[PDB]
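Looking at a structure with phloroglucinol today.
By convention in this document, chain letters (A, B, ...) are assigned in the order of the sequence lines, proteins followed by strands, and residues within each chain are numbered from 1. Whatever order the structure lists ligands and atoms in, that order sets their numbers, starting from 1. Values below: every heavy atom of this structure, side chains too, minus hydrogens, waters and symmetry copies. Only a part of the entry is shown; contacts are counted within it.
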Amino acid sequence: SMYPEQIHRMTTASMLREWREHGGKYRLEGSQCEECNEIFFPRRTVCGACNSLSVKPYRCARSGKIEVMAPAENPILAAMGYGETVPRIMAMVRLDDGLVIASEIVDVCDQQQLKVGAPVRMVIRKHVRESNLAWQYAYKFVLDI
Amino acid sequence: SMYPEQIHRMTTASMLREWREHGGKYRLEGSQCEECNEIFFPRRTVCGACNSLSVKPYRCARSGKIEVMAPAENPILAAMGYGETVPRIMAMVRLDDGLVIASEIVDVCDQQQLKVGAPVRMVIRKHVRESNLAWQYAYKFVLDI
Amino acid sequence: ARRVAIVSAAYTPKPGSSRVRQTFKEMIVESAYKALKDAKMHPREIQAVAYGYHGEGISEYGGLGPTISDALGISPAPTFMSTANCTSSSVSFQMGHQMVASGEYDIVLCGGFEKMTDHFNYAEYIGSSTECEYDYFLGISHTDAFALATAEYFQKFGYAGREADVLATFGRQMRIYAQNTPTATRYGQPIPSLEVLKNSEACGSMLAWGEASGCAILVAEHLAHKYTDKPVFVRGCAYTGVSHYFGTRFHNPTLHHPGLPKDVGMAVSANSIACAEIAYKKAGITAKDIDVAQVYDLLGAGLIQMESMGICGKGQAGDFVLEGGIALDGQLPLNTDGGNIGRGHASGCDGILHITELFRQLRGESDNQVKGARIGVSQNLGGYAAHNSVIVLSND
Amino acid sequence: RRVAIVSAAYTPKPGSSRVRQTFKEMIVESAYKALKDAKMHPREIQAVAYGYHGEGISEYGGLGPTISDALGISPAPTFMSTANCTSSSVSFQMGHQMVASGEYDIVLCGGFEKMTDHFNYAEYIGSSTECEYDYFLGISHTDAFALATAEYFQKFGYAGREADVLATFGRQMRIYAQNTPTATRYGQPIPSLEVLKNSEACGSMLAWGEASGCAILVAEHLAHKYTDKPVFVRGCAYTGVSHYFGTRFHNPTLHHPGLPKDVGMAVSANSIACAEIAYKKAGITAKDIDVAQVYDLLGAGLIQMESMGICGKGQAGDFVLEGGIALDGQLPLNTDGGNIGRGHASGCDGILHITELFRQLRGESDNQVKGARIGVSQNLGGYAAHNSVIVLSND
Amino acid sequence: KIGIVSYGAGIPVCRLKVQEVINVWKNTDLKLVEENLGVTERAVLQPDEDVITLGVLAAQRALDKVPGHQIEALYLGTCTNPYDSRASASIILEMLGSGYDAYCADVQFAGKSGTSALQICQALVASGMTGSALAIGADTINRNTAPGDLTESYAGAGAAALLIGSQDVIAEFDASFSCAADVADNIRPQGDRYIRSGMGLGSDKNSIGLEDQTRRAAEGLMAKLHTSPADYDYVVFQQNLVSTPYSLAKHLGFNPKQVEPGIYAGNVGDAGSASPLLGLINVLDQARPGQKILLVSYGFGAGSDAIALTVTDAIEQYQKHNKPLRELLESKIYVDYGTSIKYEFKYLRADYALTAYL
Amino acid sequence: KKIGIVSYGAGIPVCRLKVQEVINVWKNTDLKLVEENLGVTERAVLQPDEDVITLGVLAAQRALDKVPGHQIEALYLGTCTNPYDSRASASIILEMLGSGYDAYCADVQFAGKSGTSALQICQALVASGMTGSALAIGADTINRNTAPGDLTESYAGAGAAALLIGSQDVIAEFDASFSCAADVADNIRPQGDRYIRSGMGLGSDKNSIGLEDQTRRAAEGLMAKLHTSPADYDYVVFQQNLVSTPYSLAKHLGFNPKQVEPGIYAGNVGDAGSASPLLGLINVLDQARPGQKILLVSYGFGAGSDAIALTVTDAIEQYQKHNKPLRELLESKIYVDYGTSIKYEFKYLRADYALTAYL
Amino acid sequence: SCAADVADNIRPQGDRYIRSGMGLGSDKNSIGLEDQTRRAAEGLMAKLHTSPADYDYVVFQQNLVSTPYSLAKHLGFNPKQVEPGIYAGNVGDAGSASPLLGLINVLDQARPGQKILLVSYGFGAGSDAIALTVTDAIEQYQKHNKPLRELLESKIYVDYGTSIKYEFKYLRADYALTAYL
Ligand SMILES: Oc1cc(O)cc(O)c1
Ligand SMILES: [Zn+2]
Ligand SMILES: [Zn+2]
């Protein structure tokens, strides 16, 4: 503020972390194996099933349904950058291609419409600010209705 | 700033850490063993030589001589909060009771007087600001002539 | 390939109570020197130590090995560190067992600790031990996984209308065990009614956060006679690891195991089945041999572990708990010291807390004692089953 | 039972950064290259012992299961080791005990450091000491080595030869690294001695980088399937002493007989104790050593050679000045170039030592000690807070 | 024949009734804002929304009409830019994942940034420098409007994206005319968060800025095309309020039938750079082939952009399967004033937060 | 008819601050590194009464003075240190020029490539026939938006450049262009912040992910479009925050040092921001002969890059017959100490609310 | 002691810098510095029934070397009663310590029995007057004591750039990524 005395901070994030993960967070990019066509998310260097080094980027399905959901209403567990919205609706989203993404549901226009198995689609939203002052953007899911 | 959005920080120091260490940092309090009369710094619960739990605090001698010194002039190795004073003179201080403290020398009025074996005294100075916005004070040493 | 026995085990009492007056160095010395006194052994007799904590991000203290050794005054005895969530002590115990069994060290100390009050808000830090880029940095806490895991279990196993009763019954049974255990945090408190517990937070299944350090002394079998009258041996132990990411529970091509159920989900922990099957084969027992057990309890996560441990069939853990089966006269007593709900929970110290109660059980010293117990098993998970540790102990 | 190293590999040029790949990609690179050398399938690994500085760099904690999934070996367990520069040295000793205990037959041991994920990795380094009385006060590891170097030269009457000793030690690392392909300073011209005396840190400053390394440990009876010439582990020792730099001078907590009365930073009491325990466990004395590896930074190499028993107290400077650590010398040191020439990633440093000794015992090193039957790795964490001495022999 | 190929829009779902703002501040008449100005509620920006969030949504919705499109140019028009140095259009380009080799920049001129960027894209395609181009006009006026400001009750946010191309055009680009001057009616200096007025709100402020530049641009384009107000089926103005296009029409010689199709901001408020583009979307959503459209936008510190369009016969096949803007505006969540101030970060909170609630 | 640059003008502050003055105060970097390797011996200082619009209109007016009686059809100001975050600063410069009111006007912003981005837009307006001519301005005050104690403070400067695009009396023809972009937050300044901040520590690692990559991609992309190699171009112009940068990129891209040297100017100016690629082109255009081929590639952080290829026409000889070269303009300089420089650029932490000038 | 509401210098809550209520000059001194100081001194002397001539030493607020002399001339004290207390030629305005630091310098050379009159001024506005007598124990005290003046000889010189840097007067980034970034 008015006294520009540096304050101690152990960890300052370099831009490289999010720079390498632009594909995964902005475009929901996973990985697919060339030998067996098994798909994973998040991206991985080594295939799991056949254990081949040959793995290539894969665009996960941006549509899906809610496998399981649980509201986050406890203020003790509110994280910095996410305490403004109460409650956050956490949910596991079974995409159209079978993969499951751990994210949250936003813009709930109708409370009655939201239930288990309801169709949702991926959207890009703002997340907690980086330690290097850069805005962090990543995926969230809204009801596709 | 003008946009009060929470910024991510993995670690936020509790005030407890510095609270328990006021004796060590403000008053240079180490530990003395009752049974075998051996002294250490920093403070410890178990005596090293005799392995007795009967240990009590001990006020180390706040005077001593410079055992070995090395200037820190490298800007790549400058730490946050300590980058304003260049160069910082790091020193190992052999207290008058025989213990050795790792600190730095400040207020160098005469450069010729700063050499190995010079007598110094402990002083209280400001250190890096705490993660909890509280100012941090701890010991340093100046030439005692 | 020699045998290893536990001569002593102890931990700071009331682990669900915070110890804001002592540093973590003071806390660690307390549990170790109390355990050494129980084993009639000098602290210099320890040749190495295997200790564990969540990570350098809590107390801002890294490379803790040598600081632990100096804190205990065993220098130059080495200290081996393990940073593995709630299984930090379970992995430190397994590390110590491998150190004695290898013959490189004769007497080892294995422990864990968590001094959470050194962090302003320790609950936010916890998420730093996952797939942080895709969960921690997105606002996904560890408590979220257990909340979703509890939801999927009740929803796919036909427990609709009974969700509040099952959670309250498990939570109430933990209070009953912890009321008479002096080291438990909820010790001496009155037992809330079942209807009161259903209206409480998390339907009475919320754990008690706190701080504690624990440890156990492992020694070579031939040396065990000097230090203890009744030693507890290690039949077998297994440790397994899968992706921290919560989504991979439903889709885990990396994990390779046979006989795993096709419908793997958060309700059916695939990694927990694998770890149990490896440990049981290695320990030479089936699930039907367990006389008393210890699992990680938080919301409905205890139910998921009982089914993965083989105590009851898939989807039957809820009905098992409702039938008073984990009671002292029940078919299998579960968390006889009170568990994380009653005894308390410090993530770093959780593994030792499990061994200690199992250790006391096999020596007939537990406050709620299983009559004629011969086999004790500790089920522990780190993150949401990213880590999983199953340890088997027998008294003879 | 006996354990043998069938293969060891690490990402090339560890002193140079790899900003394009994540730390997962970096760990897989060294791991799967090491598996190809040992003719073994990745699913054959039963457990892993890996090491990194701490969760503060990449903000990734509880890394074990992430490593197992990254390698694609789940449900195989990964045991984590967070012990400064000796993270790989400690993790290798962890794998040795897993195989020797018989609980695991095949174990992968390594370390890594992805320093570029932290904005300023250097100011984070101090997070692994007595943080309340040095990290929070502005005292870094680099301060300790500078003081230790100053006490050594001043206590042992090296006045006037300090720049020469450090430059002679530094230039020997440059010469070794020039013909080592994986070294960072590979292929560079050799600067003159006088140029190095006027350069930064008198030419003894190491090369900061990032790398992942690993070595495969297997039980003795299984070793013949994977390699023709395995390297065995004679003995290893690990010792713990107070992180605080002042305790080197006065440490009644350290109980070890026969220590010199003038213990300080110039005479490492912990490094002597660790060396003696390892030498006894391996059944060899200092005269048996054919080639060694030290943690080289400023004059810390000089202190380590004396604590290792290679030369008397105060002789290392004169030993290095007389060209003793050269290839033709009495005892070659850091034949791959060391931290000055090969580079160094703090978590990965222990494997970087073992790999060169592993290569040297098989006659495969680019600066080859002829007929080397034993190799010794000296590694320290903090300023001798950790100390790790591992002895490897080919017979 | 170069013009708009497809379009997409992005609107925040949270709504704040105008009465809520009046009851707290009591700084203006409710009858005036609801009836005269024509705004009964405004859009509330959530904590996880900004220019890029709404902008990439509108851009993604426009590109979804053209599957597999390769982006050759992307210009973000905004005056409430999340970055004062470095272009946010680069981030939106990254999120679309349609290619890296593209003309990219941030265009800024208050409410005409959206149209000014539309003129950029048009020039690129017409000059053959690219084959297609993407224009985005987005603004978070609600984020950059101070609490207690007279215009707080009708400050909103929105994003509109239009793809310019030569293949399958739904609305041709006939000609355009633009003007500018130094009229400090509204200014936000560097570092200021809130947009500020240069003089008191009223008809005097509108005559020198809003009405002056709009008339000059509209006349300039019509004189170039030898057209009068009667030749255009629709007219689209800057729409900070519902009253602004109607008031500008009466001043310019347009009839109310020509304005009403473009009116959308009854429940959104001032959408900033998107208001002339969102109004064009509401017009294109029900237009028949052949109809002529005149769009004139106004940006303060003033200048104006005039653009004339012709709806092609391909508009029929476009509307068969598409969601109209009026339907998008149906989805809304209501919040009180206390919540709206929390979501938009307008509480004076501590510079350094130890925890989220401490 | 050929469309290209008709005239140009530049505006540069007269105040200079020797680099050594900054190092002595902060001691945050090696003096030999900046003076010899980086190549900046002194940097430009912003007076209290000048900014982007001051330098811009000065550069804009100087180019319009070569074309008497000109009427402005379009004016685009490219800058990342914009005096206004809302409303266009270009509209102010339009009013100051007094050469017309009816013009396409906006502010273009993309870090260091805002100048060329505005140049590309003006080209598209003229080539598409939407206007008959167009005026592009690249300006920046990096020194104003660089914090004291920043590593890059010693070579942070300011400058403005303006180019007139037209179809009559063209001195430099516009052949083709190529642009790319990506989300590489190597340097960023969020809204509300005054100072440009770095995304990672300075070094060759930070260069490889942003400066080197985007310049290489844009350059090779353009040269493949025209089917030319580095040897076809007589001059090459890169981003010139430092004198070392155009040389380093050439070595990386395969241009010999002789193709770079004509564009060097910033030895006594420092980082000129969005004007550095255009100022380099101006120093090239001052000495070029007819027929010479110029390849210009710019860099803006948060990264994107713009590649533009030019040919010098026969009209260049008539143009420079009566023209002040940029090198001559760079001789006029006033020197200040560090104390005055901090006072001039408003970097002292002074009272929020000032009762008088000195109270 | 005396006080009043004279806002000649003020620092509102949250302000870092001390601000003046009016332009510097002799007029500003008369309403605050001169008024309150005269009021407190005259009030004290009337209580003690003493005149300026009875005191060996006088100690005023010492924001400047000139302030005690001008106040003394105003209140009727000859220069020799002031000069022993002066120290701030190379220190500047020492704030709340200026009346106390002036007394210390007086006590360093004082003899037993000597009378000291100390009158301090704090803006906003108020004045504290205290009268002292030196005891016989001062002789023993001064036998082993480092005088203030000897301590004031130790100094390290800096330029304006460093001084502004040392005192955090540069407008730096609110959030600093590293020490120099
Ligand atoms: O690592 C942890 C996870 C969790 O769910 C709870 C806890 O206390 C620690
Ligand atoms: Zn595969
Ligand atoms: Zn003792």
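The ligands or chains attributed to phloroglucinol are ligand 1. Looking only at contacts, the largest set of contacts to phloroglucinol (ligand 1) comes from what the PDB entry names 2,4-diacetylphloroglucinol biosynthesis protein PhlC. Other chains within heavy-atom reach of phloroglucinol (ligand 1), distance under 4.0 Å: C.
The heavy-atom binding site of phloroglucinol (ligand 1) at 4.0 Å consists of C/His54, C/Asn85, C/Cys86, C/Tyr122, C/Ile126, C/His142, C/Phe146, C/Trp209, C/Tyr296, C/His345, C/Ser347.
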